[PDB]
*Asks:* 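Have a look at the structure that comes next, please.
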Amino acid sequence: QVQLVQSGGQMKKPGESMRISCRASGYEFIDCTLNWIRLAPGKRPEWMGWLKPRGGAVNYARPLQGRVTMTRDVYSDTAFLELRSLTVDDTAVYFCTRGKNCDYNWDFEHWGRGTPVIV
Amino acid sequence: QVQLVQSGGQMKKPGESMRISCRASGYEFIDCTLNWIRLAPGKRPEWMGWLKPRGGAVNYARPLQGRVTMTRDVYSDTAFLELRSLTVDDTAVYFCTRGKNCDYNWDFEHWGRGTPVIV
Amino acid sequence: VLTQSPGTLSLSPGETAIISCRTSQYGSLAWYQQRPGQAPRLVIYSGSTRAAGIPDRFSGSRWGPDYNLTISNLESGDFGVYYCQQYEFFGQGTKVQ
Amino acid sequence: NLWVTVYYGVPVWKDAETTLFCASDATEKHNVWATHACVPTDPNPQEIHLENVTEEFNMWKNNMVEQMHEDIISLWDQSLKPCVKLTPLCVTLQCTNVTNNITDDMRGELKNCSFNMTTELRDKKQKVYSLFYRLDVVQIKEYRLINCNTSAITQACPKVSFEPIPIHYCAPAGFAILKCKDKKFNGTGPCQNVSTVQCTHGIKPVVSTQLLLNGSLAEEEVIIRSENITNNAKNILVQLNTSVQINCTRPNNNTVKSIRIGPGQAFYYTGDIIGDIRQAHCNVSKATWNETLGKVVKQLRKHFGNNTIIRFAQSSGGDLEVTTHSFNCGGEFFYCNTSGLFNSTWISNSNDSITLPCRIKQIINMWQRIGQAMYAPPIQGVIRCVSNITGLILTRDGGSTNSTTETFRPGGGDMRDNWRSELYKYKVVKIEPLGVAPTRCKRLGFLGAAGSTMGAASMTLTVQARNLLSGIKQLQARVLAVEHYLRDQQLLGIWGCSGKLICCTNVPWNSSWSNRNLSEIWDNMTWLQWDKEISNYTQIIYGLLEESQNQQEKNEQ
Ligand SMILES: *[C@@H]1O[C@H](CO)[C@@H](O[C@@H]2O[C@H](CO)[C@@H](O[C@@H]3O[C@H](CO[C@H]4O[C@H](CO[C@H]5O[C@H](CO)[C@@H](O)[C@H](O)[C@@H]5O)[C@@H](O)[C@H](O)[C@@H]4O[C@H]4O[C@H](CO)[C@@H](O)[C@H](O)[C@@H]4O)[C@@H](O)[C@H](O[C@H]4O[C@H](CO)[C@@H](O)[C@H](O)[C@@H]4O)[C@@H]3O)[C@H](O)[C@H]2NC(C)=O)[C@H](O)[C@H]1NC(C)=O
Ligand SMILES: *[C@@H]1O[C@H](CO)[C@@H](O[C@@H]2O[C@H](CO)[C@@H](O[C@@H]3O[C@H](CO[C@H]4O[C@H](CO)[C@@H](O)[C@H](O)[C@@H]4O)[C@@H](O)[C@H](O[C@H]4O[C@H](CO)[C@@H](O)[C@H](O)[C@@H]4O)[C@@H]3O)[C@H](O)[C@H]2NC(C)=O)[C@H](O)[C@H]1NC(C)=O
Ligand SMILES: *[C@@H]1O[C@H](CO)[C@@H](O[C@@H]2O[C@H](CO)[C@@H](O)[C@H](O)[C@H]2NC(C)=O)[C@H](O)[C@H]1NC(C)=O
Ligand SMILES: *[C@@H]1O[C@H](CO)[C@@H](O[C@@H]2O[C@H](CO)[C@@H](O)[C@H](O)[C@H]2NC(C)=O)[C@H](O)[C@H]1NC(C)=O
Ligand SMILES: *[C@@H]1O[C@H](CO)[C@@H](O[C@@H]2O[C@H](CO)[C@@H](O)[C@H](O)[C@H]2NC(C)=O)[C@H](O)[C@H]1NC(C)=O
Ligand SMILES: *[C@@H]1O[C@H](CO)[C@@H](O)[C@H](O)[C@H]1NC(C)=O
Ligand SMILES: *[C@@H]1O[C@H](CO)[C@@H](O)[C@H](O)[C@H]1NC(C)=O
Ligand SMILES: *[C@@H]1O[C@H](CO)[C@@H](O)[C@H](O)[C@H]1NC(C)=O
Ligand SMILES: *[C@@H]1O[C@H](CO)[C@@H](O)[C@H](O)[C@H]1NC(C)=O
Ligand SMILES: *[C@@H]1O[C@H](CO)[C@@H](O)[C@H](O)[C@H]1NC(C)=O
Ligand SMILES: *[C@@H]1O[C@H](CO)[C@@H](O)[C@H](O)[C@H]1NC(C)=O
Ligand SMILES: *[C@@H]1O[C@H](CO)[C@@H](O)[C@H](O)[C@H]1NC(C)=O
Ligand SMILES: *[C@@H]1O[C@H](CO)[C@@H](O)[C@H](O)[C@H]1NC(C)=O
Ligand SMILES: *[C@@H]1O[C@H](CO)[C@@H](O)[C@H](O)[C@H]1NC(C)=O
Ligand SMILES: *[C@@H]1O[C@H](CO)[C@@H](O)[C@H](O)[C@H]1NC(C)=O
Ligand SMILES: *[C@@H]1O[C@H](CO)[C@@H](O)[C@H](O)[C@H]1NC(C)=O
């Protein structure tokens with residue numbers, strides 16, 4: 001059973017940064033891509049990026065380039081999402097996800113509990 | 001060449017305890033059951049017990065239950081026979097033995113030199 | 001459990017010794033030779049199989065729940081105390097002289 | 001007249017031992033009793049009842065038990081190979097009793113031990129406070145870990161769990177596993193309901209020493225299996241009819257702390273207990289256990305006199321693995337005092353539980369080996385296990401004079417007994433595809449029709465032959481399968497039979513070779529009975545086949 005456990009219940013003011021810790025278990029962390037997705041109410045979910053936590057390669061969404069950093073602790077099996085320059089439009093539940101198969105990143109069968117963030 | 005070397009020639013008074021060591025060589029100590037036999041002169045000889053040194057499992061003769069204890073070391077391949085509450089009927093030559101084929105312990109091909117005990 | 005007979009055998013060298021041992025149990029019966037001052041080395045096991053190092057003068061044969069050890073041409077190295085064992089139980093012993 | 005005919009693929013086998021391969025159900029299950037050399041298994045693709053086959057089994061003389069002993073030890077050692085060695089932990093411990101802030105003496109048999117230990121850096125040391133069990137330390141106050149002076153203690157990797165998983169042992173090419181389906185089968189002698197399987201039903205390596213946990217149950221009644229019962233040394237393996245539920249617990253939070261003791265080497269230890277210091281224990285259902293002992297003594301009275309007295313008693317002695325019931329529970333190793341169970345006397349004619357005190361060890365010298373020991377890291381939280389007692393290992397006190405009463409105690413000290421109680425119904429056999437039979441020609445799945453008569457069983461030879469040719473020891477087994485195949489094909493080639501499968505040749509049949517006027521040979525006898533009847537003559541028949549083919553080839557060519 002794959003499980004992603006996310007911290008949350010954070011509230012931030014505009015101009016501050018936020019950091020979300022996603023601890024992964026039930027699969028080999030190193031060998032499978034994790035994604036961060038922004039699910040705001042009302043508007044379409046915005047996929048924020050992917051992290052391949054072996055080399056640490058990242059891909060940040062174009063509108064979020066320069067604002068989002070993703071890192072990993074490969075020894076604690078934990079992915080981290082850092083979002084900077086927060087505004088009121090960043091209110092959303094942030095999710096840590098994994099694809100169904102590690103061959104195909106975007107079949108997100110495994111979602112975390114969610115990280116509500118209100119700005 | 002399988003050999004059992006016993007320390008003996010011990011004299012004890014009734015009520016005293018005794019310990020007889022048996023150092024074994026020529027075979028894997030762990031893998032073969034070792035037996036302690038009491039050859040009382042002029043009386044039917046009695047097999048005191050068997051000791052499976054791998055786990056140290058032990059089986060004492062019913063007439064001796066509560067008075068005979070057997071222990072061992074497996075880093076120095078030594079078995080120990082310990083008796084308490086000795087009486088005059090415990091005078092005997094005590095032997096440490098091993099079977100011809102460890103699958104059957106009872107046919108005792110290898111005997112120690114013999115440890116007389118006078119009580 | 002098992003009764004060995006006779007208690008003593010008076011025999012000169014060259015005679016054949018028959019040592020009987022009756023038992024009320026089904027088990028392999030072994031025979032042990034206790035030379036005075038020495039350990040009771042195994043003579044036979046399984047009721048008829050010789051232990052390594054034992055001359056071919058030692059044998060066993062009988063029918064039913066009874067065993068007999070036949071020792072032909074007794075030498076000066078024999079005439080010890082003979083014991084029968086079945087499954088941890090030992091006969092009272094026969095002294096061969 | 002009668003002539004030798006060679007049949008390749010006859011359903012004939014011998015009691016030959018070999019190396020079986022691992023099969024298991026297909027992340028977290030790859031860190032539990034696994035080497036990653038165990039192939040994915042199939043959902044029981046083949047189980048073929050061998051109708052009219054009677055086979056002789058001996059559960060105490062087979063190489064499946066010895067193979068499990070070797071394979072489980074290797075599996076254990078590989079699980080512990082890429083893990084932290086605790087040589088840095090073999091240090092002098094300054095241990096005091098765990099304190100309650102009062103005058104009460106040691107509770108829980110725990111010792112609070114302050115030691116200086118190595119750190120990630122070699123130039124610095126970290127003082128560590130760890131709650132070790134009394135059974136893990138020896139006084140030298142100053143203490144040392146019990147196995148530091150005799151063995152190299154290896155810490156289990158924290159990701160590795162000791163929960164048992166089913167392991168299926170499978171026949172290599174050229175071999176079959178036979179299963180005994182007889183109900184009440186006592187593991188020895190003839191078996192009437194015999195089947196051919198590629199693999200076992202899945203044997204869980206459930207480590208236990210006195211009671212058999214999470215095993216198979218007897219089909220109709222308690223089965224007491226011993227090579228011989230009157231022999232004390234031969235342990236008595238009791239397979240129960242209906243299990244006895246045993247609820248085991250470690251009622252201590254055992255807050256786990258960890259330190260670095262070297263580059264990449266994390267040592268896990270118990271830091272504190274937030275609640276009261278409580279003894280680990282197991283609850284065996286009292287009514288169920290008493291009924292179970294009733295059934296066991298009824299079966300022993302069937303083995304002994306019907307008017308005898310059967311007394312149960314605590315283990316007579318030995319190490320903790322023998323004197324107590326050892327087992328894994330949730331990652332901790334329990335050593336339960338079974339004197340609360342083996343203490344009744346049964347004389348031939350309430351919802352309460354029997355609580356067995358259990359001691360917990362962290363340094364486990366499993367299989368009582370020389371130079372090896374494992375340190376089980378503590379598990380965070382209160383441990384609960386509900387296990388099924390499906391059997392017992394018993395011994396009987398010897399020196400039984402006044403034989404009206406017999407005394408039985410729990411056994412242990414030889415882990416192979418746990419596997420015997422699971423492998424009691426299995427044996428490994430080598431296929432002998434070359435058979436000879438008298439004929440006048442003078443020129444279903446695997447092992448199906450093995451119990452059929454010959455002739456009828458000679459029309460399935462290709463089904464039998466198709467199951468041939470299907471780390472170091474496994475590759476040697478594969479090469480042996482290839483060499484045996486090639487020796488049979490080479491021998492057929494010498495006979496001029498390599499491509500015929502049924503080869504009629506010019507060798508007269510000798511009437512001394514159980515002639516039986518042919519009608520019995522083909523209408524009454526099976527291939528197994530026939531091979532047994534001429535097992536002392538096949539070398540002569542083979543030599544005559546070689547001579548005849550050589551003479552015919554030289555005369556014709
Ligand atoms: C634990 O392990 C032990 C040993 O490891 C097992 O013991 C064996 O038990 C089996 C069966 O349980 C025994 O087989 C039976 O043996 C019967 C007797 O065999 C001995 O005697 C006969 C001749 O005896 C005849 O004459 C006697 C007159 O005194 C009379 O009392 C008797 O009834 C017979 O009429 C010999 O031919 C045979 O070789 C054997 O010899 C004994 O004595 C010699 C002494 O030199 C010794 O070497 C041998 O080892 C043995 O002690 C036998 O009658 C019985 O036959 C049955 O089947 C036939 C079928 O034709 C049937 O006609 C007959 O009525 C019976 O039903 C069968 O062969 C075996 O002998 C035991 N072996 C040993 C070594 O003790 C034990 O069973 C096992 N226990 C458990 C619980 O697993
Ligand atoms: C005989 O057989 C019984 C039954 O199989 C065994 O008892 C089981 O033992 C296992 C291992 O100790 C237990 O599994 C553990 O359960 C814990 C509780 O899980 C609860 O929640 C899950 C949610 O899915 C449920 O499935 C489950 O039923 C419970 O409600 C878990 O927390 C444990 O996981 C922890 O450890 C593992 C590694 O061991 C890690 O992978 C996890 O991340 C986590 O840290 C674990 O899964 C099982 O619950 C027991 N069942 C019963 C009925 O008792 C006996 O142990 C076995 N006998 C012997 C001697 O081995
Ligand atoms: C084990 O011993 C250590 C010290 O030997 C104890 O740790 C101290 O506990 C007291 C409790 O009042 C604290 O005030 C100290 O600050 C602690 N010292 C250190 C260095 O940690 C520990 O509590 C003991 N644990 C048990 C269970 O007895
Ligand atoms: C390793 O250490 C153990 C424990 O010190 C030794 O075993 C015996 O343990 C008991 C425990 O009560 C002591 O009373 C004995 O004195 C110990 N014997 C000896 C000879 O020290 C064990 O023998 C040691 N191993 C080796 C190879 O010396
Ligand atoms: C298991 O518990 C029993 C008690 O149920 C222990 O037996 C006691 O052993 C001591 C040894 O000195 C005796 O003095 C007591 O009289 C025994 N008690 C009873 C009630 O008979 C036994 O030693 C324990 N065994 C293990 C392995 O822990
Ligand atoms: C610890 O408890 C044991 C219990 O046997 C006692 O003998 C010992 O003296 C106690 N030690 C301390 C330091 O309290
Ligand atoms: C740890 O080392 C110090 C010296 O650095 C010593 O005084 C102290 O007693 C040691 N403590 C233990 C528990 O070994
Ligand atoms: C074999 O299986 C059949 C199935 O009908 C059963 O009747 C028979 O009793 C079984 N044999 C044994 C020895 O249990
Ligand atoms: C029990 O085993 C003995 C041999 O030890 C055998 O003769 C007997 O038939 C077996 N009992 C059953 C019910 O299969
Ligand atoms: C224990 O026995 C019960 C009997 O109903 C069974 O349902 C359960 O699956 C068994 N558990 C194990 C682990 O064998
Ligand atoms: C075996 O267990 C069943 C319940 O599964 C029970 O009815 C039967 O009586 C038990 N056998 C004996 C011999 O008590
Ligand atoms: C064990 O201690 C931890 C400390 O965080 C606590 O959260 C947990 O609930 C405790 N467990 C029990 C069973 O009380
Ligand atoms: C064991 O615990 C279960 C709950 O996990 C309970 O239903 C069962 O009755 C308990 N058994 C015993 C023998 O205490
Ligand atoms: C319970 O155990 C006692 C032990 O003395 C026994 O006498 C009684 O008959 C048993 N009751 C059963 C199996 O119902
Ligand atoms: C077993 O023998 C019976 C005897 O009637 C026969 O009918 C049956 O076909 C035989 N089994 C096989 C597999 O040939
Ligand atoms: C048959 O066996 C007898 C045994 O004496 C032997 O003399 C004869 O040559 C054999 N015949 C054949 C054809 O093998």
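Letters A, B, ... are given to chains in the order of the sequence lines, protein chains preceding strands, and every chain is numbered from 1. Part of the entry, not all of it, is on display, and contacts are counted within that displayed part.
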*Asks:* Okay, contact question: for chains B and C, which chain racks up the most heavy-atom pairs under 4.5 Å? Name from the PDB entry, please.
*Replies:* Envelope glycoprotein gp160
*Asks:* State which drug is located at chains B and C.
*Replies:* VRC01
*Asks:* Find the other chains whose heavy atoms come closer than 4.5 Å to VRC01 (chains B and C).
*Replies:* D
*Asks:* In this structure, which residues of chain D have heavy atoms within 4.5 Å of heavy atoms of VRC01 (chains B and C)?
*Replies:* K61(D), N147(D), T150(D), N228(D), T230(D), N231(D), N232(D), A233(D), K234(D), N235(D), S316(D), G317(D), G318(D), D319(D), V322(D), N365(D), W367(D), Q368(D), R369(D), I370(D), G371(D), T395(D), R396(D), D397(D), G398(D), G399(D), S400(D), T401(D), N402(D), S403(D), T405(D), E406(D), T407(D), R409(D), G412(D), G413(D), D414(D), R416(D)
*Asks:* Give the paratope of VRC01 (chains B and C) towards chain D, heavy atoms under 4.5 Å, by chain and number.
*Replies:* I30(B), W47(B), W50(B), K52(B), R54(B), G55(B), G56(B), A57(B), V58(B), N59(B), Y60(B), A61(B), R62(B), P63(B), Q65(B), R72(B), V74(B), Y75(B), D103(B), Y104(B), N105(B), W106(B), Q25(C), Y26(C), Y87(C), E88(C), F89(C)
*Asks:* Mind telling me what name the entry has for chain B?
*Replies:* VRC01 Fab heavy chain
